[PDB]
> 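Please read through the structure below; I'll follow up with questions.
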2 protein chains.
Amino acid sequence: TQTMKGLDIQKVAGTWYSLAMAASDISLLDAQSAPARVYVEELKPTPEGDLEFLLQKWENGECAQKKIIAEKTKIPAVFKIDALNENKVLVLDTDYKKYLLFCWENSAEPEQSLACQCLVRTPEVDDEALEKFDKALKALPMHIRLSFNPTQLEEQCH
Amino acid sequence: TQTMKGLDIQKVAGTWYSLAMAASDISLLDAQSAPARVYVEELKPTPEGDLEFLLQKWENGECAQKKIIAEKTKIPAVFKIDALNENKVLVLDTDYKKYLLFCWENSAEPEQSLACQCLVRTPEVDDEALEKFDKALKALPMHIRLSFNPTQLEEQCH
Ligand SMILES: CNCCCN1c2ccccc2CCc2ccccc21
Ligand SMILES: CNCCCN1c2ccccc2CCc2ccccc21
Ligand SMILES: [Cl-]
Ligand SMILES: [Cl-]
Ligand SMILES: [Cl-]
Ligand SMILES: [Cl-]
Ligand SMILES: [Cl-]
Ligand SMILES: [Cl-]
């Protein structure tokens, strides 16, 4: 995965929408309750230089809010979630004002599990951001892709 | 939808595999039991010039075989399934020996519902056929895409 050079994490703060998503395995995104079917509501960079995600996930028949802390690492644009550092967030690219591309990656199995998203600042379709997402995906072993309409962007859990 | 010119339906006979699929609506393909999650096993052109699909679909916790008859119409490469002719099969392109691209289309609602597949003759990934599928999708309002690995191509219901 080619990660963003010169990321300024403080500039990604505030509201985002999940416009599109893709994963290595159909099972990660197939169902509305699938393990990687999460929607980014907000990014909150911390004083420590960590990244807080506010997520919505469909769980047990409702839209559940979760705050996930991705801690800074010695590799820029790469953040660790778990104590083993096997669950990471990889920031691929952003222009801070319109779009952000990132992946969750799990390195616990011999086969990499990956789910990547195209985030936008406003609940609208941006073809530019979707083309940058598709280009970033070309080198990745993706088997499922989803994209949402503006109606879905403003709905709880899309 | 741009349909194939000069289709020779008799040459599509025999074994096929669903390598990739895409749909207008996430709900059509999201789940393993989703309404358009069907796998093409065989095409059987009839003496009348109709097209018989042998399909596998995951239904009520098992892999169910269905024979679906798509009848010829006065428009070449377009076949009708139902008495209202609202459910059609549209053949977009084939080289008969390697790949076939087609869509199911439902015209009963004001918004078109579409699901399109990339079929291959052998249970292997063909990047050429996937690029021809992606190019055929560019003009279509697709919001979900799935692709399968060779293991999945040889498995009942993938
Ligand atoms: C099997 N575990 C999947 C974890 C998926 N994950 C995702 C997925 C996409 C984008 C970000 C994240 C951040 C970590 C996280 C937190 C809570 C649920 C899922 C996820
Ligand atoms: C809501 N109805 C969906 C019908 C989907 N359909 C598909 C889907 C993809 C490719 C071919 C077809 C042929 C018709 C058919 C027959 C049986 C189940 C689904 C489908
Ligand atoms: Cl979102
Ligand atoms: Cl580190
Ligand atoms: Cl895909
Ligand atoms: Cl198949
Ligand atoms: Cl007709
Ligand atoms: Cl998509």
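Numbers restart at 1 for each chain; the letters A, B, ... are given by sequence-line order, proteins then strands. The basis for the numbers below is simple: all heavy atoms, side chains too, and nothing from hydrogens, waters or symmetry mates. Start at 1 and go down the list; that is how both ligands and their atoms are numbered.
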> Got a name for the drug at ligand 2?
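Found there: desipramine.
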> Give the name, as used in the PDB entry, of the chain with the most heavy-atom contacts to desipramine (ligand 2).
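Most contacts go to Beta-lactoglobulin.
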> Other chains with a heavy atom closer than 4.0 Å to desipramine (ligand 2): which ones?
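Within the heavy-atom cut-off of 4.0 Å: B.
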> Using a 4.0 Å cut-off to any heavy atom of B:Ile81, which atoms of desipramine (ligand 2) qualify?
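Counting from 1, the qualifying ligand atoms are 14 (C).
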> Around atom 15 (C) of desipramine (ligand 2), find the nearest protein heavy atom and jot down its residue, atom name and distance.
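The closest heavy atom on the protein side is B:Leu55 CD1, 4.2 Å.
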> Is it the side chain (CB and beyond), the backbone, both or neither of B:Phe53 that lies under 4.0 Å from desipramine (ligand 2), heavy atoms counted?
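Neither; nothing of B:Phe53 gets under 4.0 Å from desipramine (ligand 2).
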> Any idea which protein heavy atom is nearest atom 2 (N) of desipramine (ligand 2), and the distance to it?
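So the nearest neighbour among protein heavy atoms is B:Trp104 CZ2, 3.7 Å.
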> Could you tell me the residue and atom name of the protein heavy atom closest to atom 10 (C) of desipramine (ligand 2), and the distance to it rounded to 0.1 Å?
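For this ligand atom, the closest protein heavy atom is B:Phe102 CE1, 3.6 Å.
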> Among B:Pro35, B:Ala115, B:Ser113, which residue places a heavy atom closest to atom 19 (C) of desipramine (ligand 2)?
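Considering heavy atoms of B:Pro35, B:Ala115, B:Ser113, the nearest to atom 19 (C) of desipramine (ligand 2) sits in B:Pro35.
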> Starting from atom 9 (C) of desipramine (ligand 2), locate the nearest protein heavy atom and write down its residue, its atom name and how far away it is, to 0.1 Å.
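Looking only at protein heavy atoms, the one closest to atom 9 (C) of desipramine (ligand 2) is B:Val38 CG2, 3.7 Å.
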> Which residues make up the contact shell of desipramine (ligand 2) at 4.0 Å, heavy atoms only?
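Using heavy atoms under 4.0 Å, it comprises B:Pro35, B:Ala36, B:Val38, B:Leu55, B:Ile68, B:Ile81, B:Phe102, B:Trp104, B:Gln117.
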